[PDB]
Colleague: 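So I pulled up a structure with zanamivir in it.
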Number of protein chains: 4
Amino acid sequence: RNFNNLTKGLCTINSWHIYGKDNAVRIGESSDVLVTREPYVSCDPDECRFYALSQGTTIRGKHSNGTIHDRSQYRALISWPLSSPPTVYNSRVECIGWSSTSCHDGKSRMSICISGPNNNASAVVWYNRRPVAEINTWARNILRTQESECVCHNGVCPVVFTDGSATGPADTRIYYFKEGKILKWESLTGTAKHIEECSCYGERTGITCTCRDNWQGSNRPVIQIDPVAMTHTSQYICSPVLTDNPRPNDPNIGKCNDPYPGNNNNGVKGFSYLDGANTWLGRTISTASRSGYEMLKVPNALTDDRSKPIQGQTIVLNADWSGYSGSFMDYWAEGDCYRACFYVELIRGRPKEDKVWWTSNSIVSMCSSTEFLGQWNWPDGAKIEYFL
Amino acid sequence: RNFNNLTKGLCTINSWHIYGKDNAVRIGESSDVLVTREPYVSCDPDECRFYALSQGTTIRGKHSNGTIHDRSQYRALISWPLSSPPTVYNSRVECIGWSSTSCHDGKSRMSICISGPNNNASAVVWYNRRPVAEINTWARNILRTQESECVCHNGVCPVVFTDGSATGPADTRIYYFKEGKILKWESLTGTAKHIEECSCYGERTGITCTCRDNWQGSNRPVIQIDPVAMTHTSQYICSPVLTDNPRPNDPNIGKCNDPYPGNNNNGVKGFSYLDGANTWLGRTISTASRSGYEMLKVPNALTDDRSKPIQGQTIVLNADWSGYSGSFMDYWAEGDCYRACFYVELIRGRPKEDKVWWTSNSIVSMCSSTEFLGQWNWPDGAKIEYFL
Amino acid sequence: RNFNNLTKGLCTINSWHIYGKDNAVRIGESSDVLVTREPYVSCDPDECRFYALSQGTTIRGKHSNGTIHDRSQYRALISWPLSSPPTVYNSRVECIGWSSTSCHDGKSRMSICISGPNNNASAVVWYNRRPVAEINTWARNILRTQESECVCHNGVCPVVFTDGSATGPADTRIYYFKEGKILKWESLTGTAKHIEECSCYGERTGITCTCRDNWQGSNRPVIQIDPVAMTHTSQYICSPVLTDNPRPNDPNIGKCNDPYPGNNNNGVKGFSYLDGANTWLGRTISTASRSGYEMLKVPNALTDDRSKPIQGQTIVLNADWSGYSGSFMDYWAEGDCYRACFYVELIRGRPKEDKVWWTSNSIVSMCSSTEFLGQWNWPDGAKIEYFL
Amino acid sequence: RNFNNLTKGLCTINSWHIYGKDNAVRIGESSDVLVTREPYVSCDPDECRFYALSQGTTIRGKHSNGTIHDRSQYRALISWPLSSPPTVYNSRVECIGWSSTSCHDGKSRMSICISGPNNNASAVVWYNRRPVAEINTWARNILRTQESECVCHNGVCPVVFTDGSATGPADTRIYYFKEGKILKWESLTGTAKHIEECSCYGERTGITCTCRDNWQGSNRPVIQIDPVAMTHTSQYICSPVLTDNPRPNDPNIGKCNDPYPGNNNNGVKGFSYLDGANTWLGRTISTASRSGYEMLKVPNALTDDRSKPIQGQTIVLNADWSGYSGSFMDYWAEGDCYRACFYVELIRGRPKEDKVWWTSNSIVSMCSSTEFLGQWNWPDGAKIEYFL
Ligand SMILES: *[C@@H]1O[C@H](CO)[C@@H](O[C@@H]2O[C@H](CO)[C@@H](O[C@@H]3O[C@H](CO[C@H]4O[C@H](CO[C@H]5O[C@H](CO)[C@@H](O)[C@H](O)[C@@H]5O)[C@@H](O)[C@H](O[C@H]5O[C@H](CO)[C@@H](O)[C@H](O)[C@@H]5O)[C@@H]4O)[C@@H](O)[C@H](O[C@H]4O[C@H](CO)[C@@H](O)[C@H](O)[C@@H]4O[C@H]4O[C@H](CO)[C@@H](O)[C@H](O)[C@@H]4O[C@H]4O[C@H](CO)[C@@H](O)[C@H](O)[C@@H]4O)[C@@H]3O)[C@H](O)[C@H]2NC(C)=O)[C@H](O)[C@H]1NC(C)=O
Ligand SMILES: *[C@@H]1O[C@H](CO)[C@@H](O[C@@H]2O[C@H](CO)[C@@H](O[C@@H]3O[C@H](CO[C@H]4O[C@H](CO[C@H]5O[C@H](CO)[C@@H](O)[C@H](O)[C@@H]5O)[C@@H](O)[C@H](O[C@H]5O[C@H](CO)[C@@H](O)[C@H](O)[C@@H]5O)[C@@H]4O)[C@@H](O)[C@H](O[C@H]4O[C@H](CO)[C@@H](O)[C@H](O)[C@@H]4O[C@H]4O[C@H](CO)[C@@H](O)[C@H](O)[C@@H]4O[C@H]4O[C@H](CO)[C@@H](O)[C@H](O)[C@@H]4O)[C@@H]3O)[C@H](O)[C@H]2NC(C)=O)[C@H](O)[C@H]1NC(C)=O
Ligand SMILES: *[C@@H]1O[C@H](CO)[C@@H](O[C@@H]2O[C@H](CO)[C@@H](O[C@@H]3O[C@H](CO[C@H]4O[C@H](CO[C@H]5O[C@H](CO)[C@@H](O)[C@H](O)[C@@H]5O)[C@@H](O)[C@H](O[C@H]5O[C@H](CO)[C@@H](O)[C@H](O)[C@@H]5O)[C@@H]4O)[C@@H](O)[C@H](O[C@H]4O[C@H](CO)[C@@H](O)[C@H](O)[C@@H]4O[C@H]4O[C@H](CO)[C@@H](O)[C@H](O)[C@@H]4O[C@H]4O[C@H](CO)[C@@H](O)[C@H](O)[C@@H]4O)[C@@H]3O)[C@H](O)[C@H]2NC(C)=O)[C@H](O)[C@H]1NC(C)=O
Ligand SMILES: *[C@@H]1O[C@H](CO)[C@@H](O[C@@H]2O[C@H](CO)[C@@H](O[C@@H]3O[C@H](CO[C@H]4O[C@H](CO[C@H]5O[C@H](CO)[C@@H](O)[C@H](O)[C@@H]5O)[C@@H](O)[C@H](O[C@H]5O[C@H](CO)[C@@H](O)[C@H](O)[C@@H]5O)[C@@H]4O)[C@@H](O)[C@H](O[C@H]4O[C@H](CO)[C@@H](O)[C@H](O)[C@@H]4O[C@H]4O[C@H](CO)[C@@H](O)[C@H](O)[C@@H]4O[C@H]4O[C@H](CO)[C@@H](O)[C@H](O)[C@@H]4O)[C@@H]3O)[C@H](O)[C@H]2NC(C)=O)[C@H](O)[C@H]1NC(C)=O
Ligand SMILES: CC(=O)N[C@H]1[C@H]([C@H](O)[C@H](O)CO)OC(C(=O)O)=C[C@@H]1NC(=N)N
Ligand SMILES: CC(=O)N[C@H]1[C@H]([C@H](O)[C@H](O)CO)OC(C(=O)O)=C[C@@H]1NC(=N)N
Ligand SMILES: CC(=O)N[C@H]1[C@H]([C@H](O)[C@H](O)CO)OC(C(=O)O)=C[C@@H]1NC(=N)N
Ligand SMILES: [Ca+2]
Ligand SMILES: [Ca+2]
Ligand SMILES: [Ca+2]
Ligand SMILES: [Ca+2]
């Protein structure tokens, strides 16, 4: 087969339909379902799969005790069939670590896992299920990457890494891989002041990443990557429709080249589709906690610092827990355009539900529709008392 | 490969032999078997599989509590290997929803799931395991479809949908799909007064659907579809051998173009094979509850309003619970004719067995034989007290 | 690919080496392992698999209570990977019933299951995982067949069936199938007075079946089938080395054309390889119960009514339970000769161990070696008290 | 496809990165994970897999009681997907026995299992998942082999066997197989005085085995095999950096042709990569017990009896249990050189943790990097109290 080429634009987004949901925590109440977090979705040319970071234990297993912990030697990036739960028996390990990305280039899949102690972490780059390249920490402060799929164009797969402080200036690098080999890496340029956990998608013939400013910003940093020239720019979403969490209330003027202030030293992984008038932003409903999720149609959110919603859709009720969210597309589907998709992580357990001693999640996933479809709300569905 | 063409007639039906049985509830007493309901069977050119709507939990799982509920965000259409139980680990999710159909066209499989709230439901059409088309509710009252396989001819797959009241006139549409794309849709024509949960099979070169009249009828509505012209007619089974449930006792004159009265606002999904003198009707043995199942040979049941049984076979004893039933065939088997098959849903738990708080089912499945084979009876086999 | 042709003779048998063992009961103490009985082994051209009749429940499942029962609607012929246990999740159902056979012809597999009540049982013949032919009971008294693999030559697969009394004259038929279709069937001819559960193997270019006389005989009936002419003969193993169970002590003169007396109305499925001086007989060590198993080299056992052992090998200690045993070969292995193989069923639970209320089994399997290898003993290995 | 040829040298080893870890004991606390020991890793041309000797029971299963036992009829060589746990459902049995090796030759896999009583054990050689050759015990004292992968060159796969005393002179043989057939076998030559459990790797165009001296030596025996000529030599690692366990403290002069004294009648399976200045030795950190693991860069360890470490990396903390370790490489990866890999067995339970009555293990696995990557430590991660 061939390297996939980003030759298509996004489909028109008039609503979102249900694409995938695994009900992991519901099922894992009485099945050998693996504790996970930081999930995402990524497609091969013949199959789409769920991904997450395992915690090396099942939910009912006693080792689930204390899995709010982010980084341990018992974590690993796993994938499993679409809308199935991540079980001990059906899960395929891609690589070992506690921060990851993964993407198919049309021929084979590249997966990257970061492992190690905070001051000595390292990334291993896997291609065609074999280890190919390794990158050592350059700032010795929790080397970390996207926690969602990367995008490939003609065999070139850009990945965004960050090494350094989570509450101040850090050292962010965009790496360009082909077949697992390092072609080139760049220091972060542009006006974005802090970069974490970029959510990327590809469209003719560029790659757009919506990331997390954990330092001072409640608006989201945007990195736009050219995968042919292997260059990039950065700024923020200009829109006053702020999409981080926690975050202040929406002003009437956003910020294009600086963080919008109000909430320091925190954030959540999130995403957006920036496509002129076809722009949709995702965010939690709450401005304080990781609860609820909605999609908002905000024309020219990227460049218009006055832009407001003209349409929207509720994905998760504010009364229900959410969490991380990120973008993905099936680049091998039929049609003239790429259908925009995303997932929402539904975190259950700690810190918000400390009656149990574990932290896991399930996945809900949506794709766009050119129809104006009715909306439902998609909660995790598990009842905590059952786990007591 | 090629699109399957309905070039064959039905085989002669002189009896029914055992084809499949999963013993799900028996096995699920001490295994991670998924709670399901509304099951069916559908074949690929190289494999036949069980299908059902999952409830997003195992039987022993505490979340099975309250699964008599029909529609929730935790349901999904799953398939699994023939005569295996639907387990957490061996089940493949086809799409997310609480009403479905699915069928192979010879090249790839089309699956359709409906999800959403009662006044805003929507169908997503999957083809080759990718979402292709979406249909929004047109009557805003539980958009719903067949709950058994559809039939394809030369790439054209007709599906029967209903939107609107379950106790009065509703808005029924026949959709014609090819490769997941909507070719055409039609409003329901003919003399059938209410349409739900059609059970279809294909024979040279038309498609016959036996459905459920939930309004006033205890005789079954029949839709006959021409998949080339993409047109249809409707009426009832003329036979006084009434095959819904609940239902009145068999009269000596049936009704061809109107519901036979006696039982309002209720029914069960059922099926028939209408083939002149090769006609076999299926039904529950009880006229009051979903218990028992039998096949009755009723010559010209479709057109003869005096027709009576001349042969029969017991499938499930009246002392045993049954439920939904529907038709399917292996259109890729060897031979000159299509062998008629069906399944019976064996519902266990609520409402009829309320010592437990769940509702699930297992599957028994039969196909026709040109031999006159001895009959057995096929109960679910699970003992409720074990679940207490 | 092509139909397999029996073009080779048996390899020289100088000992037996371990080939397969699943430890099902050991593992099933704390895993979802299916209760089974009547197991065997059968090879495809690219894989060899374990087979058995499931009881439709796991060992720990409460439904295992009463599985000493031979025939129920919850039984089915399952296969699973070599030396794995028969679990809920890894088992593939071949067909539904409580008596079976199965064999590959080089192109596809034919499986046959008998189901039904005692006076109305019927066999369904599956080929390439599709139902092809059906045979109704001709004597209305537990229609039953081999409970081990059949053998195919040039697409022709002979099967031995018996219908009628287990304690008197019965109606035995040899059926000849090709691609699941009935080519011909014959009434049992020769001097064998009672036929049950034949164990067959194929060698240039005939098929040899060693069966069970449940009526009066403690010597074993032998059917020799010509798969080209589609004809057969029958007699007993002439050897005074009696190989049924229960059985009298070995005399000095056996019987060639009549049952050797002493034990009526009982027996066990067993096997032999009859190959001139390369002859090996299998049997239980005990003459009273299904315990122990040994192979005995008895030159010309088939024709010499004075023949005695000149070599042997213990397979299972007399202190350990055994059960059914049968023959199989990999007809697609490399080499000039067919390597003789067999399995022993290790029955655990009732009737011999009635502290538990279930009956299951595990499998040990051996093949011949041209070396003179050391012997071990192969017990089931499960400790009953753990199940209490 | 073709026979793999050892045409490449080792890559430069500047550090080790994480390659695989299964967390079996953590996961097996609440999942059907098989009790194992003596694990290793071996690659096919399209997949790499974990291997181990099963104990025929799960960890939570009551039959895990007493699995410190080395040799029983319930053991078997199993393989399962990389970094998954060895579960009942995902494990593939390769052959039956309590001592093993296995390796792909580029076309198919050869697996060897030894079973039997101590004075009558025998090896069965499997090729392409079929039994091909058998070797009887020649010294009648626990016939035993490598417990890690073998290496093939042009279809020739050398295996090191030992039969005889574990505390004195034994009879060691190097067997040369092709497609499972015995080409030739040799008695052990050279200056190595005792040989057990060789860990081998292949490099242009020879095979290097690092073994265990269980008699008098705490330095490791090295066998170097020529797979074309089918000949070999033996000696010890000259280095004073002693790498057995238990072992004395490191002297300043090692031994090239005799055992370094201090610890009798004990040892552990271990490995090394001997490549001039690219030499790395593995060993436990403790000199007394199987705890901890480290890699040490020791230039010319094989020939220089004064050589000392100039670089190193901790793999497992001394406070954590280790166990067996062995070498493997992906001989089908891309590149100009072979990347050196190894695994460490992390033994949990008895004898060191006798609060539980079982003995199992999990696996950590590493490969080399030409980068100088930061190090972590990789413990098993299971907490014993959970199992009480
Ligand atoms: C079956 O399903 C269908 C399909 O899903 C359902 O229909 C959907 O219903 C939902 C819910 O109502 C809609 O989502 C909302 O959309 C509105 C935007 O639509 C309105 O505004 C448009 C823009 O108007 C402006 O510009 C135009 C320029 O021409 C001008 O005309 C106008 O006067 C004004 O100047 C209108 O164009 C639009 O009209 C169109 O749509 C109508 C249908 O809605 C139709 O009838 C019309 O004919 C026309 O076609 C419409 O009036 C979003 O604004 C809204 O999002 C806000 O509200 C939710 C709360 O519900 C909140 O969570 C959001 O975050 C957002 O509110 C925050 O952000 C604002 C901007 O920063 C801020 O000002 C707010 O104060 C608020 O801020 C606070 O909350 C946030 C959140 O925590 C916090 O962060 C802040 O700090 C602060 O605390 C919804 O997304 C769908 O659009 C609609 N879809 C369709 C296809 O109709 C249907 O209801 C279902 N049926 C049933 C029976 O249930
Ligand atoms: C081993 O296995 C074999 C194979 O399975 C077993 O053999 C099978 O046995 C079963 C059970 O007996 C049979 O099923 C029944 O079949 C009859 C129909 O067959 C009879 O009627 C035929 C038609 O006769 C009429 O027309 C001809 C025209 O020529 C005329 O000759 C005749 O005088 C009359 O005018 C006859 O042709 C037929 O004869 C043939 O078959 C004989 C074998 O049966 C053979 O001996 C003959 O030589 C000849 O070849 C035969 O006489 C069905 O009527 C019946 O179904 C009714 O009964 C069951 C109860 O058992 C009920 O559940 C059904 O729903 C149905 O009864 C309801 O419907 C009627 C119509 O509406 C109504 O009038 C009834 O009052 C009743 O209604 C009530 O109940 C329902 C249900 O709840 C409710 O909804 C209503 O409101 C109301 O309450 C059976 O299906 C198989 O046909 C037969 N198969 C074979 C191959 O033989 C064998 O027994 C097994 N062996 C052993 C040892 O067990
Ligand atoms: C490592 O592994 C190796 C390989 O496995 C082990 O070596 C094996 O050891 C076993 C056990 O000893 C052997 O099995 C037995 O074989 C004998 C037959 O071998 C003997 O007899 C041969 C025939 O002799 C006759 O004919 C020749 C003609 O030339 C003539 O020379 C001779 O005088 C006599 O006329 C001899 O050829 C043979 O010698 C050869 O082998 C020797 C090694 O064994 C070797 O040293 C010699 O040099 C020569 O090469 C040898 O003497 C079987 O008879 C025996 O089976 C009987 O006994 C067991 C009990 O152990 C019983 O269960 C069997 O069913 C059978 O006994 C019943 O059947 C008889 C016939 O009907 C009857 O007469 C008996 O009374 C008895 O009947 C009773 O019990 C049954 C069972 O319940 C019941 O049904 C009845 O009603 C009644 O109650 C064994 O199978 C292997 O052959 C041998 N293999 C090899 C390769 O050596 C080695 O031991 C292991 N090492 C260690 C350290 O453990
Ligand atoms: C992030 O990750 C990185 C990468 O992993 C981390 O960096 C790593 O850190 C580890 C731990 O410190 C290092 O491993 C140790 O390496 C030393 C060897 O390196 C030293 O020695 C070299 C040789 O020196 C000699 O020769 C040269 C010839 O030119 C000469 O110059 C010199 O004077 C001397 O003559 C030096 O070349 C080397 O310098 C280089 O490296 C420096 C960085 O380390 C760098 O700064 C320099 O500029 C230069 O480039 C360096 O000085 C090993 O010796 C050591 O292994 C011993 O110690 C451990 C305990 O920690 C022990 O377990 C080992 O078994 C071994 O000690 C035993 O064996 C000896 C030999 O038999 C014996 O003499 C000892 O007494 C001891 O024996 C006792 O214990 C054993 C064990 O139980 C027992 O069996 C005995 O019986 C007895 O009881 C370590 O392996 C890595 O090399 C290093 N890697 C890199 C790339 O830097 C970094 O730290 C991490 N960052 C953070 C913040 O954590
Ligand atoms: C490498 C790492 O630990 N990344 C963190 C992430 C991180 O702490 C923040 O972005 C601060 O830099 O926060 C969160 C979070 O829940 O907000 C999950 C991630 N956990 C994992 N990726 N395992
Ligand atoms: C969409 C929906 O909920 N369909 C119902 C169905 C429906 O209520 C009746 O046909 C009335 O219209 O009844 C029943 C039933 O048990 O009779 C199961 C179905 N459940 C599911 N398909 N999930
Ligand atoms: C065949 C056999 O039993 N090999 C032993 C091995 C052996 O005892 C020593 O090398 C002494 O010769 O020791 C050990 C050990 O834990 O040190 C595991 C092995 N267990 C297994 N391979 N099953
Ligand atoms: Ca922030
Ligand atoms: Ca009705
Ligand atoms: Ca008998
Ligand atoms: Ca030693």
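In this entry the chain letters A, B, ... are assigned according to the order of the sequence lines. Residue numbering for chain A follows the PDB entry; the residues present correspond to positions 83-470, in that order. Shown for chain B, in order and in the PDB entry numbering: 83-470. Chain C is numbered as in the PDB entry; the shown residues are, in order, 83-470. In order, the residues displayed for chain D correspond to 83-470 in the PDB entry numbering, which applies throughout. When a ligand or atom number is given, it counts from 1 through the structure's own listing order. These numbers come from the heavy atoms of this one structure, side chains and all, not from hydrogens, waters or symmetry mates.
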Colleague: Which numbered ligands or lettered chains belong to zanamivir?
Modeller: ligands 5, 6 and 7
Colleague: What's the chief chain around zanamivir (ligand 5) in this model, going by the PDB entry?
Modeller: Neuraminidase
Colleague: Which other chains have a heavy atom under 4.0 Å from zanamivir (ligand 5)?
Modeller: A
Colleague: What residues, by chain and number, sit within 4.0 Å of zanamivir (ligand 5) when only non-hydrogen atoms are counted?
Modeller: A:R119, A:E120, A:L135, A:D152, A:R153, A:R157, A:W180, A:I224, A:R226, A:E229, A:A248, A:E278, A:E279, A:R294, A:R372, A:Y406
Colleague: According to the entry, what organism does chain A come from?
Modeller: Influenza A virus
Colleague: Heavy-atom contacts with A:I224 under 4.0 Å: which atoms of zanamivir (ligand 5) show up? List them by number with element.
Modeller: 1 (C)
Colleague: Near A:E278, which atoms of zanamivir (ligand 5) are under 4.0 Å from a heavy atom of that residue?
Modeller: 9 (C), 10 (O), 11 (C), 12 (O)
Colleague: Quick one: look up the protein heavy atom nearest atom 20 (N) of zanamivir (ligand 5) and list residue, atom name and how far away it is.
Modeller: A:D152 OD1, 3.2 Å
Colleague: If the cut-off is 4.0 Å to any non-hydrogen atom of A:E229, which atoms of zanamivir (ligand 5) fall inside it?
Modeller: 22 (N)
Colleague: Any N/O of A:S181 closer than 3.5 Å to an N/O of zanamivir (ligand 5)?
Modeller: no
Colleague: Within the 4.0 Å heavy-atom shell around A:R372, which atoms of zanamivir (ligand 5) are there?
Modeller: 15 (C), 16 (O), 17 (O)
Colleague: At less than 4.0 angstrom from any non-hydrogen atom of A:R294, what atoms of zanamivir (ligand 5) do you find?
Modeller: 9 (C), 10 (O), 13 (O), 17 (O)
Colleague: Note the single closest protein heavy atom to atom 4 (N) of zanamivir (ligand 5), along with its residue, its atom name and the distance in Å.
Modeller: A:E279 OE2, 4.2 Å
Colleague: Looking only at distance, does A:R119 have an N or O less than 3.5 Å from an N or O of zanamivir (ligand 5)?
Modeller: yes
Colleague: Can you list the atoms of zanamivir (ligand 5) that are under 4.0 Å from a heavy atom of A:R157?
Modeller: 23 (N)
Colleague: Mark up the atoms of zanamivir (ligand 5) that fall under 4.0 Å of a heavy atom belonging to A:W180, in ascending order.
Modeller: 1 (C), 21 (C), 22 (N), 23 (N)
Colleague: Considering only protein heavy atoms, which is closest to atom 18 (C) of zanamivir (ligand 5), and at what distance to one decimal place?
Modeller: A:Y406 OH, 3.1 Å
Colleague: Out of all atoms in zanamivir (ligand 5), which are within 4.0 Å of some heavy atom of A:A248? Include the element for each.
Modeller: 11 (C), 12 (O)
Colleague: For zanamivir (ligand 5), list every N/O pair with the protein closer than 3.5 Å, one pair per line with the distance.
Modeller:
{"from": "zanamivir (ligand 5)", "atom 1": "3 (O)", "to": "A:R153", "atom 2": "NH1", "distance (Å)": "2.9"}
{"from": "zanamivir (ligand 5)", "atom 1": "10 (O)", "to": "A:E278", "atom 2": "OE1", "distance (Å)": "2.3"}
{"from": "zanamivir (ligand 5)", "atom 1": "12 (O)", "to": "A:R226", "atom 2": "NE", "distance (Å)": "3.4"}
{"from": "zanamivir (ligand 5)", "atom 1": "12 (O)", "to": "A:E278", "atom 2": "OE1", "distance (Å)": "2.8"}
{"from": "zanamivir (ligand 5)", "atom 1": "12 (O)", "to": "A:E278", "atom 2": "OE2", "distance (Å)": "2.7"}
{"from": "zanamivir (ligand 5)", "atom 1": "13 (O)", "to": "A:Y406", "atom 2": "OH", "distance (Å)": "3.2"}
{"from": "zanamivir (ligand 5)", "atom 1": "16 (O)", "to": "A:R119", "atom 2": "NH1", "distance (Å)": "2.8"}
{"from": "zanamivir (ligand 5)", "atom 1": "16 (O)", "to": "A:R372", "atom 2": "NH1", "distance (Å)": "2.8"}
{"from": "zanamivir (ligand 5)", "atom 1": "17 (O)", "to": "A:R294", "atom 2": "NH1", "distance (Å)": "3.4"}
{"from": "zanamivir (ligand 5)", "atom 1": "17 (O)", "to": "A:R372", "atom 2": "NH1", "distance (Å)": "3.2"}
{"from": "zanamivir (ligand 5)", "atom 1": "17 (O)", "to": "A:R372", "atom 2": "NH2", "distance (Å)": "2.5"}
{"from": "zanamivir (ligand 5)", "atom 1": "17 (O)", "to": "A:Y406", "atom 2": "OH", "distance (Å)": "3.3"}
{"from": "zanamivir (ligand 5)", "atom 1": "20 (N)", "to": "A:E120", "atom 2": "OE2", "distance (Å)": "3.4"}
{"from": "zanamivir (ligand 5)", "atom 1": "20 (N)", "to": "A:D152", "atom 2": "OD1", "distance (Å)": "3.2"}
{"from": "zanamivir (ligand 5)", "atom 1": "22 (N)", "to": "A:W180", "atom 2": "O", "distance (Å)": "3.2"}
{"from": "zanamivir (ligand 5)", "atom 1": "22 (N)", "to": "A:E229", "atom 2": "OE2", "distance (Å)": "2.9"}
{"from": "zanamivir (ligand 5)", "atom 1": "23 (N)", "to": "A:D152", "atom 2": "O", "distance (Å)": "2.9"}
{"from": "zanamivir (ligand 5)", "atom 1": "23 (N)", "to": "A:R157", "atom 2": "NH1", "distance (Å)": "3.3"}
{"from": "zanamivir (ligand 5)", "atom 1": "23 (N)", "to": "A:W180", "atom 2": "O", "distance (Å)": "2.7"}

